[PDB]
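Just below is one structure, and these are the notes that go with it.
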Amino acid sequence: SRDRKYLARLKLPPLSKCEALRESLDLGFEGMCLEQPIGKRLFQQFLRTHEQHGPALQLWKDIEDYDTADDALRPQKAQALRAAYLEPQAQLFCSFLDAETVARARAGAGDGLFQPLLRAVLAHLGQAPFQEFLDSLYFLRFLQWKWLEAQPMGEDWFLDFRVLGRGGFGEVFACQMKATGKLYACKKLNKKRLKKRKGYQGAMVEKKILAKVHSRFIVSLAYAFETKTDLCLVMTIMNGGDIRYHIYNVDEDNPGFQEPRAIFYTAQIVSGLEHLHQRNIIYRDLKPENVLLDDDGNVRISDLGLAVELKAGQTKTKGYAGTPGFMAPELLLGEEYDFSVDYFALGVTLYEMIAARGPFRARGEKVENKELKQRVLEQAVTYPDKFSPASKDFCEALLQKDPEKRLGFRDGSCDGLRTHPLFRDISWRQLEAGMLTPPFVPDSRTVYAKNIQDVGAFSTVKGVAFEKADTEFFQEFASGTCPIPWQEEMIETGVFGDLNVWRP
Amino acid sequence: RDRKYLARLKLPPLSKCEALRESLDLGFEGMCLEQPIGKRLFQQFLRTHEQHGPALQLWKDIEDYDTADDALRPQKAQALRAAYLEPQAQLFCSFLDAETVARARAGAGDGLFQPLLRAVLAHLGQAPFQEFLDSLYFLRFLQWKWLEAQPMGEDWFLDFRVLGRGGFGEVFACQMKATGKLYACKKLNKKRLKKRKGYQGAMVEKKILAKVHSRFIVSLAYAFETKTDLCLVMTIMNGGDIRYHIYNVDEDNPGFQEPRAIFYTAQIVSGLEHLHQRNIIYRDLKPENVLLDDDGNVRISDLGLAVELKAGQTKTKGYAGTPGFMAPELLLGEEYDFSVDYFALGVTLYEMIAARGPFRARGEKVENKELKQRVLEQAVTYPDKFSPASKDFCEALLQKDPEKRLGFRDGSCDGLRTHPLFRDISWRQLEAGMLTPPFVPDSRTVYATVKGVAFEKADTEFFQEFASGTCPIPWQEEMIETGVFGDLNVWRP
Ligand SMILES: Fc1ccc([C@@H]2CCNC[C@H]2COc2ccc3c(c2)OCO3)cc1
Ligand SMILES: Fc1ccc([C@@H]2CCNC[C@H]2COc2ccc3c(c2)OCO3)cc1
Ligand SMILES: [Cl-]
Ligand SMILES: [Cl-]
C-alpha cells in the first residue's frame, strides 16, 4: 500500500539545488558505488550503457550470482563464467584483467574461488570507469537522490498500527513509511522517563552504533527523529518475538530448544558479533531477551545501548555493565576486557537455549548480586543430559573463566570458532547470505509478546522540566535519515524505478 | 552503418562541454523548437514532469493535425478539442486564456490551431524552459552539441556514383559511413577555382546554404576540404534537373502537361519565398538549377550567384545570371531586388510548358545584344498550349517594369499563391511535402587539366574559412532519422 500525498513529496530536485551537496560529498569509490545501493545501481546503469565496460559489469554480476548460488548450481556457473569472461576469444573476455588473475580464476574449486577475481574487477572499476562515472549524468542523478535522501522525514511520515514489545523506557511499534509502504519497527523512548533515570548516554550510543553498522544479523537503523514526547528509532521490523519468549512461553511444557535450532541461532548470533568485533565494537548485552526473530525465523541482535566502540590504539575497555549472570569474570573482577565478554554471554545464552535456566542459578532462584558474582567467578558449571558432547564442549569453551583461554575473536575473525564441531553441519556461506531455511518459522496470526491487557502501567513523570542542554541533546539525537537503509527502501518499494526516469 | 566510424559517435564527458556551455548563446526558439535534438530532449523533459503533460500533448497533437491527410482531420480536430479545450477536459490547459480556447473550439480551415500553438509555445518558453535548463536533459543537449562540432571530414564519406559534372567540379552520390545516410557531395577543384577566380561564388553558396532550411532548397550538411577539393555535402537529388525532363524524357513530346508545370512552380515559389524572407536574391533561377529527388519533389540549387542584402539595404547592383533569364532592370544596369527572381520564374514556367524560351525560337542562337534587345523591348507571345491562367501568370511575372511585376510583398508570396493558376494546389500539403508529385523518377534511369597554380597563405586561409564543418539542424536530423540518436539516448537497458 501507499499514501499519495507523502509519495508526492518524493521528487527529484533541479540540479542547481545539488551544488552544495556536491562540494561536501565524500567521493570515495567504495562508499559511493559499492556500499550505497542507489550509487551502485546508477554506477551499473552507467556501465551498462558504455559498451567497453560490459565485460567488467557482467563479470561483476556473475560473481555475485555465483556467491549466492545453491551448492548444486555452482560448478556449472563457474564453468559458464570462465567460458564467458576468461576465454580470450569470448565475446565478453575481460582483457583489462592481469593474465595472472585470469589464469588463477580458471583453476580450482575451493571455497575461495573468484574472491581474488572480484577484488581485481572492483579495483579496475574503481579507477578509470569510476572517473568516467563522475563525469557523467549518472553521477548527477546520484546527487539528486542524495538531495532527496537528506530532506525532512520525521514522525508525520510514519503510521503506527500495533505494539511489538515494551519495557520500562518505552514501546516498540510496527509502523508504515507512508510514502513507500515499507513496514518498519519504531522504538519510542520517552523523554521524561529518560531524563529522570539518566538514560541519555544509552539512547545516543545505540543510535550511533545502529546507524553505522549494516549487517543482516543486527537490527538496522533507517531513521532517527524526535517528537514532543519521544526520541524515535525506526528500524528493521522484527515480528517474531525475542528468544527469551521462545524458550519459556511458547510450548511451556517443553521449555528450551532442540539442539539443531539452538545451533542455528548461535551461528547467526556469532555472525553478528563478528560484524561488530571486526569494527571494534563490544556489544556487552548479549542475552536471549535481546535476540529477536523476524517473520522468516532468522534472528538479529538488538539493544546496543551498552556497547563500546574502541578508538584506534585501544584494545580494551573496562566497567560494570550488562545483566547479572551474563557478565564475564574479567568484567566482574574489574579487569580491562575486549570482545571476550561477548563470547562469555554467548555461552550463557546457548546454555539457556538448551536448558531453560541459567547456568549459575536454579529455576526461579533470586540471589544477592554478591552471591551471584561469586558463583560466576568460582563455581564450575554443570550440564544436564539435554546437552550432547558437542553442545557441552562448546559451552565449556565459551564459559572458560580466563578470557585468554576462551573461544572467540582471533586474527580479525571468528573463523577459528567456526571450526568447532558443534557447527559441523552449518554451511557458513549460505548462512551469511541468508539462504538457509530457518528451523522455526513464526506464525503471522500470532503476537509473540505480553498481552496488552496484562501490561502494568507506569506512573507519570512529574517535574522534569527541559533545560537547554536537554533540547540540544534531543536535536543531536535526531540526525534524521540513514543513507543505506533509505536507498534500500526506495529500490525495494519501486520508488527508485518509478522516479529514475529518462525516456518514458 | 560502418562500425569503425559509428564508434566515433560517442557522447563526451560532461567536463569537455564547459567551453561550449559558456559560449553557447541560444534562446528557447533556437534550442527547443528549431534544433531537432533540443526539441526532442525538451519534449522528453516535459514528458517526465507530469504537470507539463497537457502542454506537451497538445503541442504534439497540433503538429500531428497540421501534417495529417485531409480525411483524418475532422476526427483529429474533434479528439483534440474534447481532450484539451472543452470545459471539463481531462487534459485541460489552464494556462491558456478563454478567448484562445473558445476560438480554437470554433470552425475549420488550415490555420485552425495556429493561434493555439503560438499560445502553447509562448507558455512553454517561460517556466517550463527555465526548468529544462536546470535539468539533465539540457546537459545531454550540450553533449550532443559537442559531438556535433567534432571533425567529420572526407574520411567519413564513401563515394559511389557521379550525379553531375560542371565547370568547376562534380557531384558524387555518397554515404555517411557512420550512419549510412545518403547525400550528394559537390567537389570544387581548388586549382580551377583559383585560376578561374571562383572563390566568391563558392564561399557565397556555402554561407547561404548553411543559413537556409527549406524543403525546397538543397540542404547543406557538411562543408570540408581535402587536398584537391572544396566539398559540400548536401541533400541527395537523384532524379535529374528540369531541363533534362523537359527536353530528353519523351523526346517527341517536349515540355510538361500544365498541372505538372504548376506543381513545380508552386514548389519553386516556396523556395524563393524562403530566400526573399531572409533577404537573399537567388539570381540564377532556371530549369537546369531545379533538381528532382526520388519522390519527384524539386528543390532549387546552385546558389553561387546569390546575394544576401545587408540589414537595411533593400536593393543591389551587379551584372550576373544567365542570358534569357536576366530581368530588364538588371540588363539596364540598375538597382534591383527580389523582383529579378520572379522574372526568371516566368521564363522557367514558360519554358516548362513551351519547351523553348519566350525570347528565342527553337534551337535559336543569338548575339547577346540581339537577346538583350528582345528582353528589354519585345512582348512575349503565347502559343495555344497555354491556358488563360498560365498565360496571365507568365504575363504578370514577365512585366518589364519591376514595379508592376508580380512577386514578393508584405514579407511573403501569399499574394502570388492567390493567382488562379494555383486554384488546385493545396498550399498546406505542398508546404509540408505531402502532395503526391505528378512524375515519380525511376532509379534504374540515369537522368543525367590546370597547370602552374601554386597556393599561398591567403588561399589556404580562404580554404579553412570555407571548411566550417557541420551544420547543426541537418546534422541533428541525420542523427534522429538514422536511429543513432535513439541508440545513444538510453538510460537503463
Ligand atoms: F524501549 C524498549 C522497548 C521494547 C523492548 C523489548 C523488551 C522485550 N525484549 C525485546 C525488546 C526490544 O523489542 C523490540 C521488538 C521488535 C523490534 C525491535 C525491538 O527492534 C526491531 O523490531 C525493550 C526496550
Ligand atoms: F559542380 C557542378 C556539378 C554538376 C552540376 C550540374 C550541371 C547540370 N545541371 C545540374 C547541376 C547540378 O548538379 C547536381 C546534381 C545532383 C545534386 C546536386 C547538384 O545537388 C544535390 O544533388 C553543376 C555544378
Ligand atoms: Cl552521460
Ligand atoms: Cl533532471
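Each sequence line gets a chain letter, starting at A and going down the list. All chain A residue numbers match the PDB entry; in order, they span 30-533. Residue numbering in chain B adheres to the PDB entry, whereby the residues present occupy positions 31-478, 489-533 in order. Counting starts at 1 for both ligands and their atoms, in listed order. Per the header of the entry, the method used was X-ray crystallography, 2.3 Å.
- In this structure, the main binding partner of ligand 1, as named in the PDB entry, is Rhodopsin kinase.
- This structure shows the drug at ligand 1 to be paroxetine.
- Other chains with any heavy atom closer than 4.0 Å to paroxetine (ligand 1): A.
- Lab note: binding site of paroxetine (ligand 1), heavy atoms under 4.0 Å, is A:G194, A:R195, A:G196, A:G199, A:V201, A:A214, A:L218, A:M264, A:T265, A:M267, A:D271, A:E318, A:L321.
- For paroxetine (ligand 1), the closest UniProt active-site residue in chain A and the least heavy-atom distance to 1 Å are A:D314, 9 Å.
- Atom 7 (C) of paroxetine (ligand 1) lies below 4.0 Å from at least one non-hydrogen atom of the protein.
- Below 4.0 Å from some heavy atom of A:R195 lie the following atoms of paroxetine (ligand 1), by number and element: 3 (C), 4 (C), 7 (C).
- Remark: minimum distance from atom 23 (C) of paroxetine (ligand 1) to any protein heavy atom is reached at A:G196 N, 4.5 Å.
- Near A:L218, meaning under 4.0 Å from any of its heavy atoms, are these atoms of paroxetine (ligand 1): 1 (F).
- Near A:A214, meaning under 4.0 Å from any of its heavy atoms, are these atoms of paroxetine (ligand 1): 21 (C), 22 (O).
- In this structure, the protein non-hydrogen atom closest to atom 18 (C) of paroxetine (ligand 1) is A:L321 CD1, 3.5 Å.
- If you number the atoms of paroxetine (ligand 1) from 1 as listed, the ones under 4.0 Å from a heavy atom of A:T265 come out as 21 (C), 22 (O).
- Of all atoms in paroxetine (ligand 1), listed by their number and element, those nearer than 4.0 Å to a heavy atom of A:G199 are 1 (F), 2 (C), 3 (C).
- Distances between N or O atoms of A:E318 and those of paroxetine (ligand 1) include at least one value under 3.5 Å.
- The overlap between the UniProt ATP-binding residues of chain A and the residues with a heavy atom under 4.0 Å from paroxetine (ligand 1) is A:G194, A:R195, A:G196, A:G199, A:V201, A:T265, A:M267.
- Taking only nitrogen or oxygen atoms, main chain and side chain alike, A:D271 reaches within less than 3.5 Å of paroxetine (ligand 1).
- Near A:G194, with a cut-off below 4.0 Å to any heavy atom, the atoms of paroxetine (ligand 1) are 4 (C).
- When hydrogens are left out, the protein atom nearest atom 16 (C) of paroxetine (ligand 1) is A:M267 O, 3.4 Å; that is the closest non-hydrogen contact.
- The dominant UniProt domain at the interface of chain A with paroxetine (ligand 1) is Protein kinase.
- In this entry, the organism cited as the source of chain A is Bos taurus.
- Atom 21 (C) of paroxetine (ligand 1) is flagged as protein-proximal [any protein heavy atom, distance under 4.0 Å].
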